[PDB]
Colleague: 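Following up with a structure containing pemetrexed.
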Amino acid sequence: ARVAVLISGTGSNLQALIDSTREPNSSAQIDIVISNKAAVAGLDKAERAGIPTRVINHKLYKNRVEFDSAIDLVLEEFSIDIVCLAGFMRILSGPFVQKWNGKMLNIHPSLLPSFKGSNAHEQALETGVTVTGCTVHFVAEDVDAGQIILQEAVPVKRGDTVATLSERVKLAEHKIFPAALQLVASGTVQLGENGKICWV
Ligand SMILES: Nc1nc(=O)c2c(CCc3ccc(C(=O)N[C@@H](/C=C/C(=O)O)C(=O)O)cc3)c[nH]c2[nH]1
Ligand SMILES: NCC(=O)N[C@@H]1O[C@H](COP(=O)([O-])[O-])[C@@H](O)[C@H]1O
């Protein structure tokens, strides 16, 4: 399966994805990395790995749909089958999400449906849960509401901050996101026509 990874920031999840695709038994290959921002740390990881990079600055396009089309064009250029959102902070338009429905994955630093949004760790600490985690899910039009593929629970220790908690959760992210990508790219896991998750 041909995979595109969309980034906006650091990209440690990108690196974990890259490493798992170098495995001989991997069903996925990362053929292109796309960042909506220029000169972010993810582009260098992709260039160090030997993966083509393209920058599509959304602050240089008419609106959402137009900018999504510029991404879609690059995905078609590299014949992409699967899209991975690795810290990609742009809400994707209706038609884009619908075209790549059941073919686009995202990592979220909480045990969904708990703590949807931009600051899951902050929410988790404010609420006072002792167990949080991370979720890999198919991207639906509604934010963080797509079908769940994999989840891993991560303990919250007393005195935790966003710095320490995210550090611990990211260790789980680096596990389940490559694992989920493999499940999808191998055809083991797919989006069911009923809407739900289908195994084989
Ligand atoms: N349809 C759809 N569903 C999704 O789940 C999804 C995702 C997954 C995670 C996500 C969800 C919302 C925002 C988000 O709202 N970001 C806002 C602010 C970011 C910033 O200021 O940097 C934004 O829309 O720009 C950023 C990231 C990315 N794009 C998506 N598209
Ligand atoms: N879009 C939802 C969201 O909050 N994404 C979060 O951004 C980080 C990117 O890490 P990385 O840049 O080191 O891969 C990840 O930890 C992920 O949970």
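Numbers in chain A come straight from the PDB entry, and the residues shown are 808-1007, in order. Counting starts at 1 for both ligands and their atoms, in listed order.
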Colleague: Which ligands, or which chains, stand for pemetrexed?
Modeller: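 Counting all copies, it's at ligand 1.
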Colleague: Just trying to sort out this structure - which chain has the greatest number of contacts to pemetrexed, name per the PDB entry?
Modeller: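 The largest contact partner is Trifunctional purine biosynthetic protein adenosine-3.
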Colleague: What protein heavy atom sits nearest atom 22 (O) of pemetrexed, and how far away is it?
Modeller: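 Ranked first by proximity to atom 22 (O) of pemetrexed is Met896 CB, 3.8 Å.
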Colleague: Report the part of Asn913 in contact with pemetrexed, treating N, CA, C, O as backbone and CB onward as side chain, heavy atoms under 4.0 Å; options are side chain, backbone, both, neither.
Modeller: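 Side chain only.
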Colleague: For chain A, which organism does the PDB list?
Modeller: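 Per the PDB entry, it is Homo sapiens.
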Colleague: To which protein heavy atom is atom 24 (O) of pemetrexed closest, and what is the distance rounded to 0.1 Å?
Modeller: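 Here the nearest protein heavy atom works out to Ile898 CG1, 3.3 Å.
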Colleague: Which residue holds the protein heavy atom closest to atom 2 (C) of pemetrexed, what is that atom called, and what is the gap in Å?
Modeller: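 Ranking protein heavy atoms by distance from atom 2 (C) of pemetrexed, first comes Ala947 O, 3.5 Å.
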Colleague: If you look at the UniProt active-site residues of chain A, which one is closest to pemetrexed, and how far apart are the nearest heavy atoms, to 1 Å?
Modeller: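 Going by UniProt active-site residues and heavy atoms, it's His915, 6 Å.
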Colleague: Could you check whether any other ligands or ions come closer than 4.0 Å to pemetrexed?
Modeller: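 By number and name, ligand 2 (glycinamide ribonucleotide).
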Colleague: Among all the protein's non-hydrogen atoms, which is closest to atom 7 (C) of pemetrexed, and how far away is it?
Modeller: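 Here the closest protein heavy atom is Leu892 CD1, 3.8 Å.
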Colleague: Which residues lie close to pemetrexed, i.e. with a heavy atom under 4.0 Å?
Modeller: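 The binding site of pemetrexed (heavy atoms) is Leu892, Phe895, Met896, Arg897, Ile898, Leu899, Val904, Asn913, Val946, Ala947, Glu948, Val950, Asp951.
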Colleague: List pemetrexed's nitrogen or oxygen atoms that come under 3.5 Å of a protein nitrogen or oxygen, with the partner atom and distance.
Modeller:
residue, atom, partner, partner atom, Å
pemetrexed, 1 (N), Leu899, O, 3.3
pemetrexed, 1 (N), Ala947, O, 3.3
pemetrexed, 1 (N), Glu948, O, 3.1
pemetrexed, 3 (N), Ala947, O, 3.1
pemetrexed, 5 (O), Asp951, N, 3.3
pemetrexed, 16 (N), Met896, O, 2.8
pemetrexed, 25 (O), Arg897, NH1, 2.5
pemetrexed, 29 (N), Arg897, O, 2.7
pemetrexed, 31 (N), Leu899, N, 3.0

